[PDB]
> 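The structure that follows is given in the form of structure tokens.
Every chain is numbered from 1 and lettered A, B, ... according to where its sequence line falls, protein lines coming before strand lines. Header says: X-ray crystallography, 2.0 Å. Counting starts at 1 for both ligands and their atoms, following the listed order.
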Amino acid sequence: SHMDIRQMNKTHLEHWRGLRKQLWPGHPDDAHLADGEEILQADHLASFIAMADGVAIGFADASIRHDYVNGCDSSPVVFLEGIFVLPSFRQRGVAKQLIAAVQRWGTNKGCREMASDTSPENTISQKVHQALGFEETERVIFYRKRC
Amino acid sequence: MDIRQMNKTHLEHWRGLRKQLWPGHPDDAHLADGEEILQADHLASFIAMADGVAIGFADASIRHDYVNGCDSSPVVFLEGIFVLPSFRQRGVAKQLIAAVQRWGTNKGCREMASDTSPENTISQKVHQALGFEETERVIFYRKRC
Ligand SMILES: CC(C)(COP(=O)(O)OP(=O)(O)OC[C@H]1O[C@@H](n2cnc3c(N)ncnc32)[C@H](O)[C@H]1OP(=O)(O)O)[C@@H](O)C(=O)NCCC(=O)NCCS
Ligand SMILES: CC(C)(COP(=O)(O)OP(=O)(O)OC[C@H]1O[C@@H](n2cnc3c(N)ncnc32)[C@H](O)[C@H]1OP(=O)(O)O)[C@@H](O)C(=O)NCCC(=O)NCCS
Ligand SMILES: NC[C@H]1O[C@H](O[C@H]2[C@H](O[C@@H]3O[C@H](CO)[C@@H](O)[C@H]3O)[C@@H](O)[C@H](N)C[C@@H]2N)[C@H](N)[C@@H](O)[C@@H]1O
Ligand SMILES: NC[C@H]1O[C@H](O[C@H]2[C@H](O[C@@H]3O[C@H](CO)[C@@H](O)[C@H]3O)[C@@H](O)[C@H](N)C[C@@H]2N)[C@H](N)[C@@H](O)[C@@H]1O
Ligand code: NI
């Protein structure tokens, strides 16, 4: 059956939020709401929803980052902020298409590089990033200190 | 041992220290990076001097995008720090980071962050000793568009 990757607009907010809560549980509910609104008005944020037969089966959040991005040599960079495909629809090339949409968006925005990150423990994610043409650049430990 | 924010006069020596921190970075880029830092409001480097000679530096930025482990924005980010071996373990880095931290606070950052290689044992101890807590460990990927 035919699938479409739609850049998220107001009409897909509920499809998006319903999936996003499955990728990041306990990311606060109020946060999804605000995030959705922020994204709809941004020029450096965009999200994409995989739709087929009227249902949303997956999504990707993306951004255009001007901060230094680990492993990249140019700026700005289009960055894959999160991606999720429902269990029942995996290994069908849904993420491949969502990522192509993110790449197309960042390319049209003038980015020369697309980047992403994932836990060293997320093994399927690593296989997926590599299967899709990303090469691993570096691994780092992040630190935080309250100001 | 004074710490000063970098200006045009410190570029040549900063570049010499910076090439030792990152030998793989094109010399060509140190040139452009220095100009970029001085032109941008969201960037600042600090130089530690002994008898008028630069012996350490820290590059920093105000980051506005997502930063792993942080929950607020902007974030002051320690982009790199280096102290000549002869001056190590004397609190120079501690001092450089204090200066980065004040700059950040004055820019409204509620969090300061940094990152380092899993292999950089010494760096890890330094971060810990200075009050940073480890947040996440990740692998980065890149695909040329
Ligand atoms: C990671 C994820 C988004 C991939 O979605 P997907 O739609 O199943 O991926 P695709 O079908 O487009 O797969 C692309 C490629 O990755 C590879 N791949 C996908 N799943 C794989 C698996 N489980 N094991 C090994 N390789 C796999 C394949 O090499 C290749 O497709 P093909 O060999 O079947 O021809 C999905 O597993 C998911 O939602 N996981 C949980 C959320 C998550 O971990 N996100 C990652 C970072 S936010
Ligand atoms: C990392 C580096 C900048 C630290 O510089 P420094 O001036 O020697 O550090 P400081 O003296 O200010 O030390 C501050 C804290 O780190 C600790 N520390 C410093 N060097 C240490 C070492 N080699 N092993 C264990 N702990 C160490 C100090 O004991 C502690 O002080 P405290 O008494 O307040 O706890 C320096 O070792 C260096 O330039 N390394 C090479 C470049 C690199 O690794 N950069 C880091 C990532 S960008
Ligand atoms: N590739 C997926 C990435 O997901 C998380 O980071 C995202 C972040 O997720 C937060 O982190 C928790 C999961 O660790 C979620 O609950 C959110 O609050 C999200 O809120 C931002 N809008 C975009 C960030 N990229 C991870 N922090 C990061 O390590 C991981 O690499
Ligand atoms: N705290 C040290 C950090 O240094 C490097 O990242 C810096 C980056 O260094 C590039 O990466 C190579 C070393 O990996 C250098 O040759 C430059 O090209 C520099 O060019 C940017 N101006 C600021 C980045 N923070 C590392 N990429 C990062 O992993 C590391 O944790
Ligand atoms: Ni279609």
> List the chief contact partner of ligand 4 in this entry, with the name from UniProt.
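Most heavy-atom pairs under 4.5 Å are with Aminoglycoside N(6')-acetyltransferase type 1.
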> Which pharmaceutical agent is found at ligand 4, per the PDB annotation?
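Answer: ribostamycin.
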> What other chains contribute a heavy atom less than 4.0 Å from an atom of ribostamycin (ligand 4)?
A, B
> Which acetyl-CoA binders in chain B, per UniProt, sit with a heavy atom less than 4.0 Å away from ribostamycin (ligand 4)?
none
> Can you list the UniProt substrate-binding residues of chain B with a heavy atom under 4.0 Å from ribostamycin (ligand 4)?
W22(B), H25(B), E79(B), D115(B)
> Any atoms of ribostamycin (ligand 4) less than 4.0 Å from a non-hydrogen atom of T116(B)? List them with their elements.
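This gives 31 (O) as the contact atoms.
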> Considering both backbone and side-chain atoms of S117(B), is one of its nitrogen or oxygen atoms within less than 3.5 Å of a nitrogen or oxygen in ribostamycin (ligand 4)?
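Among all N and O atoms of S117(B), none is under 3.5 Å from an N or O of ribostamycin (ligand 4).
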> To which residue and atom does the entry give ribostamycin (ligand 4) a covalent bond, if any?
none
> Return the closest protein heavy atom for atom 17 (C) of ribostamycin (ligand 4) as residue, atom name and distance.
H25(B) ND1, 3.3 Å
> Once you restrict to heavy atoms under 4.0 Å, what part of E79(B) touches ribostamycin (ligand 4)? Side chain, backbone, both or neither.
both
> Where is the nearest protein heavy atom to atom 26 (C) of ribostamycin (ligand 4): which residue, which atom, and how far?
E138(A) OE1, 3.7 Å
> Hey, quick one: which UniProt domain of chain B is doing most of the touching with ribostamycin (ligand 4)?
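According to UniProt, mainly N-acetyltransferase.
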> Got the closest protein heavy atom to atom 31 (O) of ribostamycin (ligand 4), with its distance?
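The protein heavy atom lying closest is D115(B) OD1, 2.8 Å.
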> Find all atoms of ribostamycin (ligand 4) within a distance of less than 4.0 Å from any non-hydrogen atom belonging to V140(A), and give their numbers and elements.
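In order of number, 29 (O).
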> Could you work out, for atom 13 (C) of ribostamycin (ligand 4), the closest of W22(B), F142(A), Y68(A) by heavy-atom distance?
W22(B)
> Hey, which atoms in ribostamycin (ligand 4) end up nearer than 4.0 Å to a heavy atom of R18(B)?
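So the atoms of ribostamycin (ligand 4) that pass are 22 (N).
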> Okay, next thing: residues with a heavy atom within 4.0 Å of ribostamycin (ligand 4) - which are they?
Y68(A), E138(A), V140(A), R18(B), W22(B), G24(B), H25(B), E79(B), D115(B), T116(B)
